[PDB]
Q: 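Can you keep this structure in mind? I'll have questions shortly.
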Amino acid sequence: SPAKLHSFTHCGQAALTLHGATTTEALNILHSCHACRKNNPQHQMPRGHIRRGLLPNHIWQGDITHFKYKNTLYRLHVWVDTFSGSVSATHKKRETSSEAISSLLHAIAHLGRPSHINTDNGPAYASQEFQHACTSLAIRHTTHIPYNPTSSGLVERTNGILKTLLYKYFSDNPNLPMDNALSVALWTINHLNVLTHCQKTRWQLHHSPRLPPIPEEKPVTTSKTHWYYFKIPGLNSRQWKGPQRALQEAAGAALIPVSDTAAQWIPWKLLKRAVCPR
Amino acid sequence: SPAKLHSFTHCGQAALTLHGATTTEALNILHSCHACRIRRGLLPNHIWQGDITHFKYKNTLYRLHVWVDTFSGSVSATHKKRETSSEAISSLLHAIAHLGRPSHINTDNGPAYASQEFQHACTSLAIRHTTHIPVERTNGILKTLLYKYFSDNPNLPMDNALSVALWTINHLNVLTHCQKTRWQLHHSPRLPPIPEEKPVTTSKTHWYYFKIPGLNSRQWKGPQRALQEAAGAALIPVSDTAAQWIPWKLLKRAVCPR
Amino acid sequence: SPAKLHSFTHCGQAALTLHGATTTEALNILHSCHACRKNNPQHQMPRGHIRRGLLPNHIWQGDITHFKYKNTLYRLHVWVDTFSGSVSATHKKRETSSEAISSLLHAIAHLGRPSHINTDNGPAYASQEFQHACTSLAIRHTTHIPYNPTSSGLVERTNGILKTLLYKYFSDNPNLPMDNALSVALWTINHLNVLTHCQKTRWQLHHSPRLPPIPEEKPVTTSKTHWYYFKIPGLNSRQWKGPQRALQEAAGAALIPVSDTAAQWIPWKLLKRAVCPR
Amino acid sequence: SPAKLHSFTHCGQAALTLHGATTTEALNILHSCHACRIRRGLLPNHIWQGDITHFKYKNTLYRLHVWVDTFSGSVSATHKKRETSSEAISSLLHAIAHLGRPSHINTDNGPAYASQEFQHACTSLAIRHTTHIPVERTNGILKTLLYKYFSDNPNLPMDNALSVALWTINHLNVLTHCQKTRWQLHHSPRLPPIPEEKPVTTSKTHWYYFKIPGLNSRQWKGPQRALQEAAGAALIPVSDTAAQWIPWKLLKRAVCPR
Amino acid sequence: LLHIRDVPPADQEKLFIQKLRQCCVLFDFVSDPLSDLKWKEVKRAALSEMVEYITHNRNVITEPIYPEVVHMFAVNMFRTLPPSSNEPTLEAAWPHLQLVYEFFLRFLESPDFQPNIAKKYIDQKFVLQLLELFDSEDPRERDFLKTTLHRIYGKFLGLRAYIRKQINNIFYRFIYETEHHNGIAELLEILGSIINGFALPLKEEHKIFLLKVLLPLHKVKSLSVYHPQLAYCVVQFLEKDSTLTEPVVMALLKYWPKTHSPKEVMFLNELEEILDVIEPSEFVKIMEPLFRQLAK
Amino acid sequence: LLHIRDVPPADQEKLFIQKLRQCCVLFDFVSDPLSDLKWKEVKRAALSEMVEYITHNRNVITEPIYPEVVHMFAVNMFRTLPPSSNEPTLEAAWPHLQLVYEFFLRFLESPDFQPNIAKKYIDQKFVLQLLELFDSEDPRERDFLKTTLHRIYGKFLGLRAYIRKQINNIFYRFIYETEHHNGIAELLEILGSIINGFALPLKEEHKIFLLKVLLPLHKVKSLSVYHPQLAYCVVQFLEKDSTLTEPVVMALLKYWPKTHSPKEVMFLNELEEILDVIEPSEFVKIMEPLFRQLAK
DNA sequence: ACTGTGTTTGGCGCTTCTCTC
DNA sequence: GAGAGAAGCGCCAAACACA
DNA sequence: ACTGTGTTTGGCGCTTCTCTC
DNA sequence: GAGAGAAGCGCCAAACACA
Ligand SMILES: Cc1nnc(C(=O)NC(C)(C)c2nc(C(=O)NCc3ccc(F)cc3)c(O)c(=O)n2C)o1
Ligand SMILES: Cc1nnc(C(=O)NC(C)(C)c2nc(C(=O)NCc3ccc(F)cc3)c(O)c(=O)n2C)o1
Ligand SMILES: [Mg+2]
Ligand SMILES: [Mg+2]
Ligand SMILES: [Mg+2]
Ligand SMILES: [Mg+2]
Ligand SMILES: [Zn+2]
Ligand SMILES: [Zn+2]
Ligand SMILES: [Zn+2]
Ligand SMILES: [Zn+2]
């Protein structure tokens with residue numbers, strides 16, 4: 001019996017076929033097996049993409065990066081415009097809510113006033129001080145899923161680009177002052193370098209004629225939900241957990257009840273399709 | 001809300017009218033606020049003026065290195081606790097990082113801007129430097145704005161006030177004559193040259209294969225044109241009714257079907 | 001001047017073009033810049049592939065894997081035939097030269113006598129005892145480049161497959177004895193599971209008619225050598241080192257003189273093409 | 001070197017002659033060595049015989065669980081310090097892991113092989129178990145081989161000797177009648193059935209696009225046939241003069257050009 | 001009515017035409033601040049919706065849409081100028097004016113726009129009615145008119161010399177007949193855009209242009225408002241050929257006011273730029289008289 | 001001569017034919033152990049090189065290669081048998097014998113081999129000369145002959161009934177005329193391979209085969225050597241149809257030796273397998289006489 | 001000599017089969 | 001009666017982990 | 001709302017240009 | 001004289017790292 005053979009040995013589809021079974025029956029035996037699906041690290045789920053603004057100064061991404069220079073650790077606060085890619089970076093001695101506000105205001109003076117900003121839930125971004133500063137300027141601030149740095153991909157990539165340019169500059173003049181290098185790198189990135197795919201600079205996109213209006217949006221999502229095996233983003237696990245039913249699923253993540261009391265948001269990269277127990 | 005915008009920035013009336021405020025409401029906000037009661041250059045980033053200003057505090061002094069474009073009035077200012085040639089270079093570099101590379105710069109004669117270090121800095125960027133011995137209106141505007149901001153809140157870290165002041169006079173206030181903002185006048189793309197005996201054809205955007213995000217599809221659904229391009233996405237009409245911003249990773253450059 | 005502009009700002013090709021330069025000149029400016037190439041983490045070099053036997057029992061790959069079970073750490077010695085993929089695995093209490101020899105002899109009894117065997121330079125494989133045991137059986141033993149686990153890809157992948165099956169079995173019977181599970185998994189892998197691409201089992205390949213003789217080999221390699229930026233496999237580095245000239249380059253690695261006294265073997269994945277200083 | 005092979009394994013003469021040794025040299029090695037001086041089943045893995053043997057040591061005892069196929073004489077033995085039903089199950093599982101799944105097994109009546117646990121183990125694998133109350137030649141061969149190995153080196157960990165003995169009697173020694181080795185007789189693929197009124201066509205290997213390893217190429221150089229297939233590579237004739245084993249990652253399944 | 005994007009495509013163009021004709025109705029903002037508030041609001045919504053529609057769809061421009069769109073423009077803009085008043089005042093109808101300007105600008109930049117279809121719907125009378133609007137004291141109107149005239153000149157080929165002659169005539173009238181004009185700064189910018197696209201050798205008509213209507217433009221009392229643009233234009237002309245610069249400096253030295261005045265400094269500024277170009281090619285033919293005039 | 005892979009492909013086939021004819025020379029190993037050592041060594045090298053060549057190239061088999069290859073086989077194998085001697089001895093010419101066997105086996109399995117070209121070069125005389133070699137006392141020769149005859153029977157279609165009649169004749173001669181035969185174990189394996197490929201309904205010729213030459217094969221004194229294979233064959237026959245098993249057991253009970261002998265147990269073994277198949281389908285027609293005969 | 005690899009998986013194209021106007 | 005749904009089956013690129 | 005992304009790089013196909021029989 | 005090398009130029013998938 002293919003069912004008994006798989007229950008004893010957990011052999012694959014081609015093994016079950018030769019002992020007598022059609023491809024569909026062996027395939028259903030594999031699909032209905034909980035042990036196989038909890039322990040196979042493979043899964044096939046869609047990819048998510050960060051939310052991008054409809055026009056300049058609509059959505060921004062911010063992050064803090066460490067840089068080592070002259071036995072001193074500098075904290076670079078970086079803001080990137082999700083439409084044009086324009087970068088504002090400031091170097092500070094430490095990470096603090098006051099420094100976050102100062103860097104945001106410097107970015108506003110450099111680029112403009114953004115409608116929304118989103119950052120990972122860092123200690124200096126969830127403070128009451130930062131929320132009050134954003135609210136006084138009518139800036140709506142949202143946060144990401146914890147322990148998922150890929151949800152801020154654009155700003156992290158910009159951190160890499162900025163640090164690479166800084167290393168290139170310091171390779172020539174080890175005695176070059178930090179602010180000189182940062183200013184030259186910012187000028188190079190925004191005014192000199194050309195974006196790979198649109199063949200235009202960041203500054204050209206940022207000050208392009210705003211004549212094209214904002215395209216309309218739609219808040220309608222899928223009205224159905226499924227069962228999911230899952231892994232918690234914070235702690236990596238060898239085998240999946242669940243399965244459990246999703247309260248609601250957005251484009252890029254879902255609500256999974258992790259325990260009997262609290263639910264949580266999990267991205268599609270840590271979810272695996274299950275089968276309905278009924 | 002224009003009332004909060006004025007109470008935080010103390011900008012002009014044209015700034016309020018550009019927002020939801022109306023002329024009479026803007027005038028009312030003006031007279032209800034207790035605190036508020038030539039172009040020698042030819043092109044943007046052609047000639048700059050560099051000045052050093054002293055900011056007076058109750059128990060300390062600040063040095064403001066200010067560079068102003070002589071076509072748009074665009075202001076780039078940095079605050080320092082001292083003054084030397086290297087700091088002049090740093091301020092010039094920051095001004096370039098905000099505005100761009102000037103062609104010529106102009107300034108007074110002094111310990112800074114005349115040393116060999118500043119000359120070396122200017123020569124490396126191919127900027128011609130001219131010196132003279134004797135605009136002051138931009139300095140006055142900045143001084144009044146900083147004084148108003150400090151009067152509103154004496155407990156400021158002397159950095160946010162400067163950033164807000166630059167934002168106000170660059171992006172919010174409107175130049176009276178041209179009725180434009182300094183930022184928009186400075187960074188407005190100029191009229192392209194018109195070739196003679198040759199029609200000015202319209203640039204044609206390329207064609208792409210695309211895939212719908214969030215579907216885990218693997219077959220590219222036909223080639224289409226792009227309405228707009230930006231950093232990280234392109235506006236692709238998915239159907240004859242709506243359009244969507246598709247990321248580059250889900251796009252593939254194609255050839256026109258002809 | 002494009003040369004001066006790049007020397008100051010290290011801008012890209014499209015930036016250098018607009019200040020006046022043909023694509024070739026800007027491309028050569030970028031190629032001839034040392035700072036750009038030492039600091040860009042990107043490189044384009046060929047891929048290597050482990051050496052595979054010409055017929056069954058010609059080349060084997062071995063490795064040790066840890067497994068956790070009943071608060072006990074078991075050491076699985078795994079041997080894989082590079083032609084057929086046949087697996088021999090034995091579970092021991094510790095890793096020792098005696099255990100290595102015993103596992104090798106068990107594998108010989110299970111599968112046959114191999115011509116050559118290669119393993120990573122583990123503590124129990126480089127011992128005099130293991131070399132004497134191999135020499136008494138006319139087995140030629142070679143080792144891999146240190147700190148490069150990908151050079152033993154087949155055996156590491158087999159470790160993953162074996163552990164996945166073990167977890168599937170223990171998911172049902174937590175009280176199942178270890179040797180029972182290992183024997184069932186070995187039977188499933190060699191006799192039941194089917195290889196993905198050749199559509200045959202490992203045992204079918206291992207005992208297939210040996211009528212096809214060994215194809216001839218050629219020891220001729222490339223007679224030319226180049227300059228290379230490099231990174232040391234043991235210690236990861238942000239930026240490249242060098243460049244230096246290769247003493248000789250085989251198919252998959254090269255000799256790079258790391259210091260003034262000692263040279264070393266570096267795989268193609270940690271090398272970057274340079275330009276001749278003369 | 002056949003002399004070293006005998007001095008380590010003490011195999012038969014046909015084993016030496018299969019290697020570089022000659023008949024007279026093999027006989028000389030035989031008489032120079034001081035220590036050396038029916039089929040009831042129908043198919044391989046059809047009927048097995050299970051025996052338990054006691055190995056005598058100077059100060060301890062060993063239990064050998066031995067399973068022998070009744071068509072090829074293939075031997076699978078495990079050494080234990082005790083004996084019970086679970087150990088019988090373990091030995092049967094190891095024998096299956098080396099030889100395969102038998103159809104029927106045969107053994108004596110005793111505390112093991114008759115308990116409910118062993119019956120449950122056999123039923124889960126669909127193996128029919130029959131019991132009788134009274135081959136012993138295989139036991140004798142194994143006993144002599146172990147004694148010779150221990151005489152050669154008294155300091156053996158009682159595991160390598162058993163592994164070497166199994167290797168010798170399975171892969172090295174040659175059965176006298178059929179002049180084959182036990183391993184080759186056991187694992188030799190059998191003659192496929194010949195369908196009636198239907199020609200036995202030759203199986204056709206598929207066609208592949210391929211790339212040359214070590215070149216960082218990106219264009220697949222035409223479709224070709226495969227001479228041989230194995231785990232991890234396929235024999236592809238790169239030119240009309242030589243052939244090379246190309247890995248699967250550099251291969252792409254194709255369709256015959258017709 | 002109904003939203004244009006919520007109807008079948010078979011009659012969508014008909015609804016677009018209906019909304020286009022719905023903007024033909026005029027509204028007076030200067031007569032009284034409060035009159036037909038909801039009519040103005042729905043007109044603003046219709047303009048915004050139409051311009052949002054036009055820039056997100058392709059193959060919507062067809063022959064039966066070409067003429068009356070211009071008609072709508074002619075209905076909204078071609079009108080009598082407000083009385084002159086000499087900070088400048090802003091037009092009270094600026095909301096709808098900005099919407100129609102931005103709509104027309106995006107319409108003219110549509111990739112599906114064909115330049116061979118407007119040759120029978122946009123003619124010299126449209127050019128005159130558009131150019132006469134440059135006298136407006138509203139800087140927004142002048143900026144939009146600059147960015148509109150530039151594209152019209154660039155796209156069309158049979159209407160270039162006519163615009164050049166018309167701007168020569170307006171320069172003559174401004175410099176000789178009537179001094180009252182304020183759309184002079186943007187016109188020079190458009191001219192500089194045209195001049196930069198010249199080829200070699202230069203046509204003698206351009207020499208007449210500079211020697212008749214460009215250099216004399218310096219003797220106007222109101223040069224201070226538009227000093228830089230004019231200067232830019234001459235720098236965009238003499239760079240093509242350095243041989244034809246001697247008449248420029250000869251006339252420049254003659255238009256210099258012999259008396260002391262604040263207006264002198266601007267002249268010096270211009271000379272500096274000319275100097276920065278005239279030093280090479282061994283141009284010392286007029287160096288001595290230039291120095292003699294500068295000394296006084 | 002020269003290596004086959006080191007010549008241009010234009011004349012490579014010619015060199016292959018030359019090496020093929022180079023193996024037509026015979027060498028005697030039984031006459032004296034040492035004679036023409038280097039000739040034998042180069043013959044071994046040539047055989048190894050040719051077989052290594054044939055299995056790594058495609059489109060090398062062509063009509064002018066088809067006949068004489070068989071000729072070479074006929075030159076090396078079709079010969080008088082060594083005198084009978086009743087451990088068995090091994091042929092002294094086994095090295096070259098194994099090389100030529102493996103060469104022919106790989107040649108017959110080449111994917112470029114065409115079964116419609118050997119119909120004029122391999123005929124019944126080749127079949128007889130190949131089958132007569134099954135009498136050899138060398139087990140290696142018998143194993144190779146089994147694996148060769150199986151493929152020849154499988155590939156060809158017009159030579160099947162002839163082989164069946166020939167094996168029936170050899171069974172008759174072995175069971176009645178001369179008892180001296182030792183190639184009986186492998187012949188039954190080939191038969192079982194053929195039987196397993198039968199269809200439904202069974203032909204009456206196969207019934208004649210079993211009732212005339214298969215069941216009587218039990219009354220031979222030398223059944224002990226080939227007891228299992230024969231048994232396998234009948235299990236491969238009665239599984240197709242359980243109705244035709246009664247004659248099998250009826251004859252099996254008659255061939256049972258009525259006296260006590262060690263040979264009895266094998267008979268019982270066969271019955272067990274038949275029992276394991278005969279219990280279903282309510283087969284108790286001959287259960288009582290079978291039990292009566294088993295009791296005695 | 002030095003050198004990454006084999007299995008899982010939802011989606012797709014393609015073939016075979018069944019219920020409906 | 002017959003072409004459209006529906007089930008069946010084989011193939012595959014991207015992800016994954018092997019200390 | 002929740003959600004990965006932008007730049008570097010040897011090889012390739014394709015176009016323009018120059019030295020040789 | 002003219003077609004074959006040779007330089008030029010644009011495009012791209014795989015790798016890489018951002019705590
Ligand atoms: C809750 C909570 N508390 N701590 C965490 C946490 O897990 N975050 C770690 C990784 C320190 C972290 N990481 C990054 C980051 O950028 N990672 C580098 C990267 C970027 C992209 C890519 F694809 C892979 C890696 C941040 O920006 C950051 O703020 N944090 C806190 O979650
Ligand atoms: C010298 C020297 N001393 N210690 C090292 C050393 O760097 N080796 C580490 C990683 C512990 C190691 N690793 C693996 C292994 O398999 N890694 C898992 C893996 C496999 C494949 C793949 F692609 C990525 C990761 C081994 O087998 C092993 O023996 N060692 C010692 O070098
Ligand atoms: Mg962060
Ligand atoms: Mg980060
Ligand atoms: Mg290891
Ligand atoms: Mg490992
Ligand atoms: Zn399972
Ligand atoms: Zn105020
Ligand atoms: Zn560089
Ligand atoms: Zn011996």
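Here is how names work: the chains are called A, B, and so on, in the same order as the sequence lines, proteins then strands, and each is numbered from 1. Going by what the header records, the deposited coordinates were determined by electron microscopy, 3.1 Å. All ligand and atom numbering here is 1-based and tracks the order in the structure.
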Q: Can you help me out? I need the name, per the PDB entry, of the chain with the largest number of contacts to ligand 1.
A: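 The largest contact count goes to Integrase.
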Q: Name which of teneligliptin, berzosertib, raltegravir, rigosertib is found at ligand 1.
A: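 Out of the options, raltegravir.
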Q: Which chain letters belong to other chains having any non-hydrogen atom below 4.0 Å from raltegravir (ligand 1)?
A: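 Chains with a heavy atom that near raltegravir (ligand 1): A, I, J.
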Q: Mind pulling out the residues near raltegravir (ligand 1)? I'm using a 4.0 Å cut-off on non-hydrogen atoms.
A: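 The heavy-atom binding site is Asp63(A), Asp120(A), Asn121(A), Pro146(A), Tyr147(A), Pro149(A), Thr150(A), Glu156(A), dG4(I), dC18(J), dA19(J).
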Q: Which other ligands or ions, listed by number and name, are under 4.0 Å from raltegravir (ligand 1)?
A: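 The other ligands and ions are ligand 3 (magnesium ion), ligand 4 (magnesium ion).
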